[PDB]
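Notes follow once the structure below has been shown.
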Amino acid sequence: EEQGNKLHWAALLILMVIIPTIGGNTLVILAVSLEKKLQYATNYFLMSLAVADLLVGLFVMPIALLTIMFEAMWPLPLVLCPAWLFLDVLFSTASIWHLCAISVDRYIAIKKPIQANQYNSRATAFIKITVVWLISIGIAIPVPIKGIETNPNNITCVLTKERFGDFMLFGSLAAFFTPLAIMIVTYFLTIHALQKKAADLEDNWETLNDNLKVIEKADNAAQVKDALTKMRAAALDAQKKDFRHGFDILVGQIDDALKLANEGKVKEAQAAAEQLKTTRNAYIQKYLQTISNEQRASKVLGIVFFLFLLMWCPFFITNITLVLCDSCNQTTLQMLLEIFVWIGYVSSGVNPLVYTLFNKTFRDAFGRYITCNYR
Ligand SMILES: CN1C[C@H](C(=O)N[C@]2(C)O[C@@]3(O)[C@@H]4CCCN4C(=O)[C@H](Cc4ccccc4)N3C2=O)C=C2c3cccc4[nH]cc(c34)C[C@H]21
Ligand SMILES: CC(C)CCC[C@@H](C)[C@H]1CC[C@H]2[C@@H]3CC=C4C[C@@H](O)CC[C@]4(C)[C@H]3CC[C@]12C
Ligand SMILES: CCCCCCCC/C=C\CCCCCCCC(=O)O
Ligand SMILES: *C(=O)CCCCCCCCCCCCCCC
């Protein structure tokens with residue numbers, strides 16, 4: 001039997017996988033480099049991810065077409081065979097752990113809204129980036145250390161089940177199933193943190209509005225004195241420079257209205273509280289817009305990161321199946337793995353572009369670069 005010719009697959013993968021990978025990732029790299037409105041610590045996570053995915057498109061994917069266009073034999077020098085396999089595992093592991101790091105960072109941005117400093121966040125982002133790259137080297141390093149065996153002076157550039165079986169098993173657990181478990185946990189932690197944030201907002205909004213109704217109905221000075229002291233210790237619950245002054249206005253306004261209540265002026269205190277209703281609306285509507293934006297961004301990150309992990313699932317499941325199952329047809333599972341490697345390349349390839357397309361400023365940058373603007 002003869003398989004035939006598979007050049008049509010090679011041409012299809014250049015147009016629909018390699019070109020979009022190199023194209024989409026350079027656009028993300030250009031946006032973070034040229035647009036000053038995007039030069040923030042959180043986007044350096046995206047740039048590193050885009051660099052890793054761009055390096056797959058230029059150095060891993062074109063070398064991966066050779067097995068499709070030619071035979072099983074390696075045409076390039078012997079030294080470049082473990083080097084290509086190493087870069088393949090390195091850059092593909094980096095793209096999975098970057099999303100894991102972006103997810104944990106985004107959860108921290110919700111759980112810890114304050115304590116954010118521009119200079120300190122840059123250092124913190126670079127530290128987390130470095131850790132992700134060191135994690136990726138550690139998972140990819142067993143390939144060149146173990147090496148690939150050759151009488152013939154030519155080798156077949158593929159990891160065998162006899163030599164790399166355990167690497168394929170524990171490498172998959174470390175590169176995919178460990179960041180997947182972390183991302184599942186952070187998903188439910190983010191769902192809990194966003195509900196708690198909303199529940200505390202209503203808790204303070206109700207306490208503010210209910211004590212204000214006591215003042216508008218008050219007849220004596222004692223009714224105002226007690227209802228205003230409750231708002232004094234509850235004003236710091238919604239706030240904690242912008243938050244330090246945010247509470248300071250209302251805390252000062254309550255103290256000024258309590259001064260009138262101490263004096264005995266009931267009408268003057270009631271007037272100060274009704275003029276305070278326009279001040280509480282300005283902070284409630286602002287904090288209500290912040291939670292809606294956090295929830296919208298988390299829903300976007302969720303679907304995009306889930307579709308990424310879903311496209312890597314066929315490769316890592318079949319991988320473990322070929323290793324653990326001995327009764328399974330090895331020929332059919334190898335044929336499926338060849339397709340699943342390419343579905344994974346698509347997944348990492350278009351991953352940063354798809355995500356950044358939901359940010360209007362990033363989407364506006366891409367629209368300028370496709371017509372070669374660069375401002
Ligand atoms: C996409 N990339 C592909 C790359 C790879 O398989 N490259 C070869 C060259 O292609 C195969 O898939 C081919 C396709 C046809 C049959 N093949 C095999 O049988 C064996 C896999 C295998 C070996 C032993 C036992 C079971 C399966 N292949 C190979 O060695 C390694 C990866 C990887 C392995 C382990 C951890 C990882 N993290 C990230 C990654 C990764 C990135 C990830
Ligand atoms: C046949 C294969 C090997 C070559 C494929 C050519 C690739 C590298 C080409 C084809 C179209 C190209 C893109 C066309 C448009 C732009 C907009 C420009 O502002 C920045 C670069 C960018 C994003 C290009 C980068 C390189 C690109 C992806
Ligand atoms: C998707 C059906 C193609 C499978 C036909 C079998 C031929 C095997 C030869 C090369 C495998 C490359 C095909 C992988 C393309 C899928 C990637 C994608 O989703 O864009
Ligand atoms: C600036 O105005 C943007 C650049 C415009 C696009 C240039 C087109 C380059 C063509 C190269 C594609 C080669 C691969 C073909 C597919 C098989």
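Sequence positions, counted from 1, serve as the residue numbers for this chain. So this one's X-ray crystallography, 2.7 Å, going by the header. Every heavy atom of this structure was used, including side-chain atoms; hydrogens, water molecules and symmetry mates were not. For ligands, and for the atoms within them, numbers begin at 1 and follow the listed sequence.
Tallying contacts with ligand 1, the largest count belongs to the chain named in UniProt as 5-hydroxytryptamine receptor 2B. The name recorded for the drug at ligand 1 is ergotamine. Transmembrane segments of chain A with a non-hydrogen atom under 4.0 Å from ergotamine, numbered from the N terminus per UniProt, are 3, 5, 6, 7.
Proximity to ergotamine (heavy atom under 4.0 Å) is shown by these UniProt ergotamine-binding residues of chain A: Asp88, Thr93, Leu159.
Looking around ergotamine, I see no other ligands or ions under 4.0 Å away. The residues lying within 4.0 Å of ergotamine, counted on heavy atoms, are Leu85, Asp88, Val89, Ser92, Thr93, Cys157, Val158, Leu159, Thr160, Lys161, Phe167, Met168, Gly171, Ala175, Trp312, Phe315, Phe316, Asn319, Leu322, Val323, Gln334, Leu337, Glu338, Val341, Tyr345.
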